[PDB]
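Structure with risedronate present.
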Amino acid sequence: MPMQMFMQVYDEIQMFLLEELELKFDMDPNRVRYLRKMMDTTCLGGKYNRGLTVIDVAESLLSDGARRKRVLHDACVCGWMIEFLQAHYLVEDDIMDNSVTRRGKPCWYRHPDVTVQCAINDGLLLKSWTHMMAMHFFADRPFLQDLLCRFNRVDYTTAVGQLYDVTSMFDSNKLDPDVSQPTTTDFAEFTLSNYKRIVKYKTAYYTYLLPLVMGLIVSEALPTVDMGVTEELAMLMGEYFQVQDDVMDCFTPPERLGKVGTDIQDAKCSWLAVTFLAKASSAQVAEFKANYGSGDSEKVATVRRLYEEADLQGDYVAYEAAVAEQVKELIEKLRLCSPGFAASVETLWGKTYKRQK
Amino acid sequence: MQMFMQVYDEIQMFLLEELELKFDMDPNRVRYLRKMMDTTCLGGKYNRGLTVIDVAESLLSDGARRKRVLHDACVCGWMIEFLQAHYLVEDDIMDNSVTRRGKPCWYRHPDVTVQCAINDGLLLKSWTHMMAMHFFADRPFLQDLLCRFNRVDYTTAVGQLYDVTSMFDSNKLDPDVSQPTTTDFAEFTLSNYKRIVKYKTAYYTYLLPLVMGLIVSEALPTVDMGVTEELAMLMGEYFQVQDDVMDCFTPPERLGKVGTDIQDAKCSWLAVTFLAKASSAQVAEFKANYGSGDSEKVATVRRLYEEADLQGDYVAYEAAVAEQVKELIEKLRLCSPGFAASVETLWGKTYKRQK
Ligand SMILES: O=P(O)(O)C(O)(Cc1cccnc1)P(=O)(O)O
Ligand SMILES: O=P(O)(O)C(O)(Cc1cccnc1)P(=O)(O)O
Ligand SMILES: [Mg+2]
Ligand SMILES: [Mg+2]
Ligand SMILES: [Mg+2]
Ligand SMILES: [Mg+2]
Ligand SMILES: [Mg+2]
Ligand SMILES: [Mg+2]
């Protein structure tokens, strides 16, 4: 049922958006068709965990069936706002990361009939749609300003995180727009401290915090929860989520992952890289440095081999157990004053812990 | 300019100070973003920003309230300037441009990667929302302001889609297929050109500064919005026509940017007007040489535009526009004399501009 209602609201959203373009933007049928395909390709096909979380949180906290109908419809719209914001980030990210596939299909910019220049702008259209749907459904809601204030702040935080992500292989000391420099050679910025910052801002806020907050807002329950503990939870689960993403990038097969990994080739400051460099022997580190950040098949294979030799999967399972311990504690802390909200956080945790995605 | 530039400092201080305090940002990246902001937002003529101030001030015609409206207008002005900065960073990447305002394009700076530049463009747009909330959280006009600002942002992105898909047979548009640059150039019609330019340029360059000025001076309902939109679309079309002409005919030292329309096979005013008027042999030579980075092919296309006396047609198009602008400003002046005076000034910043 939650999935059923979520998909029905997608239809309403898509119909509103596409029918407007025809009538208000002088758009021809061919370009309306193009944008319908863009929307469908970029926003559908994932698990909708962010979207579905908003619904779960909203319904969990409202406790007269008219108000339930309304809150649930508002939660569906908020959920699609987050899914569209994500779709926006993934279109741009794939171009930025030179990725090949996503969800088992070509990246948007890699479709045979999409130009990179169009794809950049298509990503922008996706973000605009979040604002368009918000105004269409919420123009008369008293929570609109607070909703969008928070939504926009998380959008901002994500872009700040993406900056951390894309500048992480560069000695930050040598960062100057008017100069230029190659990939790091000592990898001295590949610290856990730096990793934690990247991951908090690029992923945790929009993936974990935002769904929770929007759910709280449409159920008009925000002030009822300890926001400090909630944020702690969100950051911890979001860090772990990105750690899983990084591990899967190297170790999960494309048929199950849906995407071809690029972290090695792009010289990303991944969890694998930072953890490997902190533990690996001198010879291992030297071979890593000589092979990392190259598209060369065998250099990538060398790095994959080194990660395998360093038993990084091992370290992950241990990181995983420590995270799970802290999650339980914080959920129990939240349950003290907000048992309903804590139950929804537990479900979000259940969708995350040991995910095979 | 003086108060506009001091509001910039205030905006920049708020934004950069936050990043340190709230985003755990290191001094190096704060420095990087300060330079990014300065390079992308400063150096133009601030005509949209300055228009917001002119409109707001002219529609209050209390000293404390004047101070307030003017400060609000400056913030709105910078919102539009930052939104523009955002569009120009992405557009330069999309259009494979080399230079802007006599400097390298942002993505062409030696220490900027293209992947960083894309994201920098996004940061610029985010800043428009951040400044709005910092300054206007308590203003009753906030929802209406942002509603319209966001709609114009949207319209611009729709316009950019028109721009970027204009050399492709629209019948043959399918994400799952692929197709080269047009061979017959049958879509290079004046009808299609007018749609591109209305949406990519006219709304954010002409309509938005007017609307934002009306809003902060609390004067929006006082004006005929139909006639106002008419003016905005007409002046915006003409503005983009000037842009297209300058792309080919204005020297880089004066223009501040290297032209790319020919190489990118754009549906420019030059292209559409040329193809409508040129001889069979000229048309054929155009089709054989357009949309190529080849130095000799670009020179051929430039030569053909010169031979076709497009400069001539421009002067005639310009006179026709000026006639209709005068008509509409006089219509506006009937009920909104003060607003009409501000529109006339905006028109004066546009007509026969050498930029
Ligand atoms: O799905 P991807 O590309 O593996 C990723 O998670 C996508 C993404 C984009 C933006 C913010 N957070 C994650 P990345 O971080 O690039 O590894
Ligand atoms: O400044 P430019 O690049 O000549 C231009 O005017 C920039 C621009 C960007 C976005 C919307 N409108 C104009 P373009 O349209 O690409 O010719
Ligand atoms: Mg990626
Ligand atoms: Mg990425
Ligand atoms: Mg990844
Ligand atoms: Mg351009
Ligand atoms: Mg352009
Ligand atoms: Mg141009």
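The sequence lines are taken in order and lettered A, B, and onward as chains. The residue numbers of chain A are those assigned by the PDB entry, with the residues present covering 1-63, 74-367 sequentially. Shown for chain B, in order and in the PDB entry numbering: 3-63, 74-367. For ligands, and for the atoms within them, numbers begin at 1 and follow the listed sequence.
Looking across the whole structure, one can locate risedronate at ligands 1 and 2. Most heavy-atom contacts to risedronate (ligand 1) in this structure come from the chain listed in the PDB entry as Farnesyl pyrophosphate synthase. Within the structure, the other chains placing a heavy atom under 4.0 Å from risedronate (ligand 1) are, by letter, A.
Between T213(A) and risedronate (ligand 1), an N or O atom pair is found at a separation short of 3.5 Å. At a heavy-atom distance under 4.0 Å, only side-chain atoms of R112(A), from C-beta outward, approach risedronate (ligand 1).
By the 3.5 Å distance cut-off applied to N or O atoms, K269(A) is counted among the residues near risedronate (ligand 1). For risedronate (ligand 1), the other ligands and ions with an atom under 4.0 Å away are ligand 3 (magnesium ion), ligand 4 (magnesium ion), ligand 5 (magnesium ion).
Ranked by closest heavy atom to atom 17 (O) of risedronate (ligand 1), the top entry among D107(A), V176(A), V209(A), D255(A) is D255(A). Under a 4.0 Å non-hydrogen cut-off, the residues that form the binding site of risedronate (ligand 1) are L100(A), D103(A), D107(A), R112(A), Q172(A), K212(A), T213(A), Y216(A), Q252(A), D255(A), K269(A).
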